[PDB]
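Contents of the following structure include CB3717.
Below, chains carry the letters A, B, ... as their sequence lines are ordered, and counting in each starts from 1. Looking at the header, which is where the method is noted, we find X-ray crystallography, 2.8 Å. Read the numbers this way: they start at 1 and go in the same order the structure lists the ligands and their atoms. The figures that follow rest on heavy atoms only: side chains count, while hydrogens, waters and symmetry mates do not.
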Protein chains: 2
Amino acid sequence: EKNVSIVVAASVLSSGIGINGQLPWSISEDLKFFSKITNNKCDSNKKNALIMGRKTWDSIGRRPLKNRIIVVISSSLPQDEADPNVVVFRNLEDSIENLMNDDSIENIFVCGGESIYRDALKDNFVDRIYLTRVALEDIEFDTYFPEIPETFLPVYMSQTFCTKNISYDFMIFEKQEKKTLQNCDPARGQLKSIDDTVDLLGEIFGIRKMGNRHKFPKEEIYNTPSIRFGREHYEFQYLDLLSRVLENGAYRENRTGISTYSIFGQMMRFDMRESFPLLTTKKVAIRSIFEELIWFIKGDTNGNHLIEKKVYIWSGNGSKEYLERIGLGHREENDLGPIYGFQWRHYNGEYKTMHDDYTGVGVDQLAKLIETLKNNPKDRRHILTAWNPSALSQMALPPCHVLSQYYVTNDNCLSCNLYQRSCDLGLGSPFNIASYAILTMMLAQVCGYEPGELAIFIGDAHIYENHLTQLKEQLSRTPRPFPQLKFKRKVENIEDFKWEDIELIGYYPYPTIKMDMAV
Amino acid sequence: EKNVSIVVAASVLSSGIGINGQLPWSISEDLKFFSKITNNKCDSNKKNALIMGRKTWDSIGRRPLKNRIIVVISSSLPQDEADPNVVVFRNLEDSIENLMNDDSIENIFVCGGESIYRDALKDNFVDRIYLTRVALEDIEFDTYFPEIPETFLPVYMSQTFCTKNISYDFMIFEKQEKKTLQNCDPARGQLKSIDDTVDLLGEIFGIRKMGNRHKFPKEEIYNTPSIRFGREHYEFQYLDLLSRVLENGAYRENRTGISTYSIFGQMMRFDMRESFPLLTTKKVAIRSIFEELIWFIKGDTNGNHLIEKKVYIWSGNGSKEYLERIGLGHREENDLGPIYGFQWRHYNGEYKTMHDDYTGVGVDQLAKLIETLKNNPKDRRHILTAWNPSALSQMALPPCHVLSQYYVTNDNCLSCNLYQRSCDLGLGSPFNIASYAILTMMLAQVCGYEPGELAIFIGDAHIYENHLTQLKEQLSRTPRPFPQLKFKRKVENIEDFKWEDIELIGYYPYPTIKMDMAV
Ligand SMILES: NC(=O)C1=CN([C@@H]2O[C@H](COP(=O)(O)OP(=O)(O)OC[C@H]3O[C@@H](n4cnc5c(N)ncnc54)[C@H](OP(=O)(O)O)[C@@H]3O)[C@@H](O)[C@H]2O)C=CC1
Ligand SMILES: NC(=O)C1=CN([C@@H]2O[C@H](COP(=O)(O)OP(=O)(O)OC[C@H]3O[C@@H](n4cnc5c(N)ncnc54)[C@H](OP(=O)(O)O)[C@@H]3O)[C@@H](O)[C@H]2O)C=CC1
Ligand SMILES: C#CCN(Cc1ccc2[nH]c(N)nc(=O)c2c1)c1ccc(C(=O)N[C@H](CCC(=O)O)C(=O)O)cc1
Ligand SMILES: C#CCN(Cc1ccc2[nH]c(N)nc(=O)c2c1)c1ccc(C(=O)N[C@H](CCC(=O)O)C(=O)O)cc1
Ligand SMILES: Nc1nc(=O)c2nc(CNc3ccc(C(=O)N[C@@H](CCC(=O)O)C(=O)O)cc3)cnc2[nH]1
Ligand SMILES: Nc1nc(=O)c2nc(CNc3ccc(C(=O)N[C@@H](CCC(=O)O)C(=O)O)cc3)cnc2[nH]1
Ligand SMILES: O=c1ccn([C@H]2C[C@H](O)[C@@H](COP(=O)(O)O)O2)c(=O)[nH]1
Ligand SMILES: O=c1ccn([C@H]2C[C@H](O)[C@@H](COP(=O)(O)O)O2)c(=O)[nH]1
C-alpha cells in the first residue's frame with residue numbers, strides 16, 4: 001500500500017480556501033503545520049510527494065519545497081527533466097502510482113487546488129484529510145474545498161488557536177468504513193483481560209462498583225462519536241458533561257415544578273489563552289451575559305437596570321409573585337436582595353433596599369481581590385465568595401456560582417476556579433462559562449495580566465426534563481472553533497467596562513436553540 | 001497457542017490462601033468472581049479447563065464445576081473414566097497439553113494449591129494471574145501463594161470492595177516482557193495520525209497549546225507504571241495528582257520559607273460505599289485527624305484541647321511567636337481565632353477569645369445542614385462554608401478547606417463535594433481526604449443515610465520542595481486495598497462521637513513517611 005492524505009485550510013462555514021490565487025488569510029502557524037505534516041516521514045532515505053494543481057504551483061512561486069517532491073498536475077506544463085524535486089503529470093490518476101513504485105516516496109499528500117481536491121475525493125484516491133478550519137467567513141472567496149464525503153469521519157479536533165485574532169482548528173478525518181458498533185469509551189479496547197474483568201466484576205457487584213455509577217455515554221447521546229481519542233476542543237468539556245448526565249442523571253424533583261436528571265460533582269476546563277469559551281453548538285446571548293456581569297461588578301441588585309438594558313434573565317426570580325411566594329412580598333418589584341454583587345462589593349453589609357447607598361458598607365472583596373492580585377500574585381488566598389449564611393434568606397435566589405479563586409501563573413497569566421453548587425446545563429452553564437471567562441479577562445487587564453485557564457467544579461449538575469429534545473438537537477452539532485473576545489480599550493477601573501468595549505471576533509455558531517427557564 | 005491464567009485469592013500482606021484445607025475467609029463475591037472468570041469463554045462449543053492439586057479437589061468436595069472441566073493433578077487418584085468433566089493427571093506438565101489438543105478446551109486456568117501454583121510459575125506455564133487481595137492478615141494460614149515472578153507486571157487494580165467489613169481488591173498481572181519504553185499516557189497509541197499531529201502541533205505552538213501545560217507524568221514519577229489502562233483503585237486519584245504536579249508544578253515561593261511546585265485547579269474522587277479512603281502507601285495518623293474533626297464539629301477553637309489529647313497539628317500555626325508574627329500577639333498561646341468550627345457553628349459571630357461562651361451567637365450552619373439534609377434531601381443548597389471575608393484577619397490561618405456541599409442520592413446515599421483553595425499534597429491532602437470522608441459518614445449516620453462519594457476540587461495544589469524525596473519514596477509503593485471504617489454505635493447527636501466509637505478494619509499500610517510542615 002501507501003498513504004494519501006489531503007492537507008487543506010478552509011473557512012469554517014463555506015470551506016473557502018482561495019481568492020485570486022492567494023490564501024484568503026495569513027497564519028504562519030498553519031503554514032508551519034502544513035510543513036511539519038507534509039515532511040513528517042519514518043524513512044530518512046525516502047521523501048514525501050506533494051501533489052498539486054498547476055495554479056497552486058504558480059501560487060507557491062514555482063519553486064520546490066525542501067526535502068519533499070512536488071508533483072504538478074497540468075496538461076500544458078513541460079515534463080522538465082531539470083529539477084528532480086519537481087515532476088509533471090498529465091492527469092491526477094497517473095501521478096498516483098507514486099505508490100506503484102518510487103519506493104523512495106514514503107507518503108503522498110494531495111496539497112491543493114479546488115479541482116485537484118475535488119478529483120482526489122471523487123476517484124476515492126484519498127485516505128485521510130488534514131483540515132485546518134479558519135474562522136473568518138465574510139471575505140471574498142473564489143476557490144473552495146469540496147464537502148467531505150460520508151465515507152470520511154472525524155477522529156480528532158484540536159483546541160482553538162489564535163493568530164492576529166483569527167481563530168482556527170486542526171482536525172483530521174479518516175476514511176473509516178469497516179467494523180460494526182465499537183465502544184465509545186476510550187478506556188476499553190486496550191486489552192481484553194481488563195475489559196472482561198471489569199465487565200464481570202460489574203455483574204457481580206452492581207451499583208456497588210463505583211464505575212457502574214459513572215457509565216460512559218452511549219453513542220446516541222455522545223457528540224461527534226467518531227472522535228474517540230481526539231476530543232481536544234474544549235467545547236467537549238461541556239458537550240460531554242451534557243451527555244454524561246444524560247447517561248447517569250437520576251430523575252429527581254426540586255423547588256420548581258420541572259424535574260431534572262442530575263449527577264453530583266463534575267468539572268470542566270477551558271483555555272482562555274488562545275480563545276474565548278463561547279459555545280458554538282448554539283448561538284449564545286453574550287450581550288445579556290456581559291450586562292449581567294458589570295451589573296454584579298458594580299454591586300448592583302436592582303433588577304430593573306437589567307430589564308432597562310433589555311436583559312431579562314432575572315425577571316422570573318424577580319417578579320412580585322415570586323417574591324411573595326418566597327416570603328419577600330414586602331420587597332419592591334425587582335429588588336432581588338443581597339445577591340451576587342452586593343456580596344461582591346458589600347460582603348456582610350446590612351441590606352435595606354436596592355435604593356439605599358451602600359457605599360462604604362460591607363467588605364469590598366472585588367476591590368481587595370484586584371489589590372491582592374497585583375500586589376501579591378503568588379498569594380494563595382485570591383478568593384471571592386457569595387455564600388453568606390446570614391444573607392441567604394433575603395436573597396431572591398441563593399448564589400449558584402458560590403465561590404471562585406484566582407491564580408497568577410509564573411508567566412503572568414490569570415487563571416480562575418469556580419465552584420458552582422447547582423448548574424442548569426441547558427440554560428445556566430453556557431452563560432456561566434462565558435461570564436466567568438470574561439470576568440477573568442477583565443480582572444486580568446486591570447491587574448496587568450492575560451487570561452490563563454478557567455476551571456469549573458459543579459455540585460448538582462442537572463438537565464431540566466423540558467430541555468431534553470433541545471439538548472439532543474444541540475448534541476447533534478459538531479463544534480466549530482471558539483471565537484476570540486477582546487477589549488477595545490484599557491479601562492482604568494474595572495467597573496468602567498461597557499458593551500462597546502468588547503469585540504467578538506470570528507463567532508460562527510449554529511442557530512440559537514430555544515429553552516425555557518424554571519422559576 | 002492457548003492461554004493459561006492463574007486465579008487466586010490471598011491475604012494482602014503474606015499471600016495467605018489456605019488454612020486446614022479451607023479458605024481462610026468467606027466472600028461470596030470472590031467465589032462469584034472465580035466462577036465468572038473461569039467460565040468466561042468465546043466459543044459456545046468449547047469448555048474451559050481448571051487445573052488443581054488433589055488437596056484442592058478435596059476442598060471442592062470432589063464434585064465437578066458446572067460447564068467446566070476439572071483437571072486434578074495427583075500421583076494416587078485413579079484415572080476415572082467415569083466423570084467426563086473430571087480427569088486426572090500424574091504431573092502438572094503432562095496435564096498442560098490441553099493446549100496440545102482438546103481444541104474443545106478454549107482456555108486454561110491454574111485453580112489452586114500452593115504446590116500447583118508454585119510449580120505452574122516455576123515452569124513458566126502461566127500467562128496471567130487473577131489475584132484477589134483479601135485484607136485480613138492476623139489469622140492463621142498454612143498455605144500460601146508464591147511471590148509473583150518479575151516477568152509479571154500488574155495491568156489492572158480494581159477499586160476496593162467490602163463484604164462483612166473485609167476489604168479486598170481484584171488485580172490482574174500479565175507476563176509482559178517484550179517492547180521497549182512505551183508512553184504512560186493512555187490517550188496515545190490509539191492511532192498514529194492523532195499522536196503525530198498533536199506532537200507536531202505541540203512543536204509549532206508551545207506553552208500556547210494547553211496540552212503542553214498539562215503534560216502527562218513521566219514513568220519515573222508515575223506510580224505502578226504498568227497499570228496503564230486499569231488504574232481503578234481510587235488511591236491513584238491521589239498518587240497521580242502527586243505525580244501530575246511533580247511533572248508540571250511551577251516552582252514558586254509563598255508565605256513560609258519553603259518553596260513549592262504547584263499547579264492550579266485539580267480534583268480527586270473517592271468511593272465511600274465499599275471502603276474508606278485512608279491512603280495505604282503511607283501509614284496515616286487517623287486518630288489525630290478524628291480528634292481535629294469533632295473539635296471542629298464542637299465549634300472549638302482552643303488549640304490546647306488538641307494538644308491535651310496529644311494532637312499537635314495546630315501547634316505551629318498556634319504558637320506565641322507565630323501569632324506575634326501575624327499581628328495577633330495579643331492572642332493567648334493557642335487561641336486560634338474564628339477558624340473552622342467557629343465558622344461552622346457560629347458563622348459571623350463576634351469573636352472575643354477561645355474562652356467566651358458563644359452559645360447562641362452566629363449562624364449554626366452545621367445544625368441547619370443536618371436539618372436540611374434530612375428534611376429536604378433533594379435540596380440543592382446543602383452547603384457549609386468557612387470563608388468569611390470579615391473574620392479572615394482574626395484567624396491564625398485562613399480556611400484551606402473553604403467550602404463543601406452535600407448531596408443525597410436517590411438511593412439514600414450521602415455524597416460530599418469540597419473545594420480546597422490551597423492543598424499541601426504531602427501533609428495536608430492525606431488528612432484532608434480522610435477528614436471529610438469521616439465527616440460525611442457522621443453526617444450520614446445522624447441523618448439516616450449511608451456514605452456515597454467524596455469529590456475534592458483543589459485550587460493551588462502544591463508539593464513543598466522538602467517533601468520531594470519522601471513523596472518519591474511514597475510513589476514507589478504499590479497501593480493496597482483501602483480499609484473499612486465503621487462506627488460502633490449510633491450517636492444521637494453528631495457531637496457525641498468519640499474516638500472509641502470508630503473501627504478501622506483491615507488497614508495494612510506501608511511504613512509511615514516523615515515529612516515536616518511549613519509554618
Ligand atoms: N487553503 C488551502 O489550503 C489551499 C488554497 N489554495 C488556493 O486555491 C486556488 C488554486 O486552486 P484552483 O483554482 O482549483 O486551481 P488548482 O491549483 O487545482 O489548479 C488547477 C489546474 O491544475 C491542472 N489540472 C486540474 N485538473 C486537471 C485535470 N483533470 N487534468 C489535467 N490537468 C488538470 C490545470 O492546469 P493546466 O491548465 O495548466 O492544464 C488546472 O488549470 C488558489 O487561490 C490557491 O491559493 C490551494 C491549495 C490549498
Ligand atoms: N485462596 C485461594 O485462592 C485458594 C486456596 N486454596 C487452599 O490451599 C490449600 C490446598 O493447597 P495445598 O495444600 O498446596 O494442596 P494443593 O491443592 O496443591 O494439592 C496438593 C496435591 O496435588 C498433587 N500434586 C501436587 N504436585 C504434584 C506433582 N508435582 N506431581 C504429582 N502430583 C502433585 C498431590 O496429590 P497426591 O498426594 O494425591 O499425589 C498433592 O498432595 C487448601 O487450604 C485450600 O483451601 C486452594 C486454591 C485456591
Ligand atoms: C447562568 C446564569 C444567569 N441566569 C440567572 C438564573 C436565575 C434563575 C435560574 N433558575 C433555574 N432553574 N435555572 C437557571 O439557569 C437560572 C438562572 C440565567 C437565567 C436565564 C437564562 C436564559 O434563559 N438565557 C437565554 C434566554 C435569554 C437570552 O436570550 O438572553 C437562553 O435561553 O439561553 C440564562 C441565565
Ligand atoms: C490537612 C490538615 C490539618 N493540618 C493543619 C495545617 C496547618 C498549617 C499548614 N501549613 C502548611 N504549610 N501545610 C499544611 O498542610 C498545613 C496544615 C495539618 C497540619 C500538619 C499535619 C502533619 O504534620 N501530619 C502528620 C504528622 C503529625 C501526626 O503524625 O499526627 C504527617 O506528617 O503526616 C497534618 C495536618
Ligand atoms: N493547512 C494548510 N495550510 C496551507 O497553507 C496550505 N497551503 C497549500 C498550498 N500552498 C501553500 C503555499 C506555500 C506554502 C509554503 O511556503 N510552505 C513551506 C513553508 C512553510 C513555513 O515554514 O512557513 C513548507 O515548508 O511547506 C504552503 C502552502 C495547500 N494546503 C495547505 N493546507
Ligand atoms: N479468587 C479466588 N477465589 C476463590 O475462592 C478460589 N477458590 C479456589 C478453589 N476452590 C474453591 C472451592 C469452591 C468454589 C466453588 O464452589 N465455585 C463455584 C461456585 C461459585 C459461586 O457462585 O459461589 C463456581 O461456580 O466456580 C470455588 C473455589 C481456587 N482459586 C480461587 N480464587
Ligand atoms: O450562574 C448561574 C445562576 C443560577 N443558576 C441556576 C442553577 C439552578 O438551576 C438554579 C438554582 O436552583 P436551586 O438551587 O434554587 O434549586 O439557578 C446557574 O446555573 N448558574
Ligand atoms: O486542611 C488543611 C489545613 C491547611 N492546609 C495547608 C495548605 C497550605 O500548604 C497551607 C496554607 O498556605 P497559604 O494559603 O497560607 O499560603 O495550609 C491543607 O492543605 N489542608
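- One finds CB3717 in this structure at ligands 3 and 4.
- The macromolecule with the greatest number of heavy-atom pairs within 4.5 Å of CB3717 (ligand 4) is, in the PDB entry, named bifunctional dihydrofolate reductase-thymidylate synthase.
- Heavy-atom contacts below 4.0 Å between CB3717 (ligand 4) and other chains occur for B.
- The deposit names the source of chain B as Cryptosporidium hominis.
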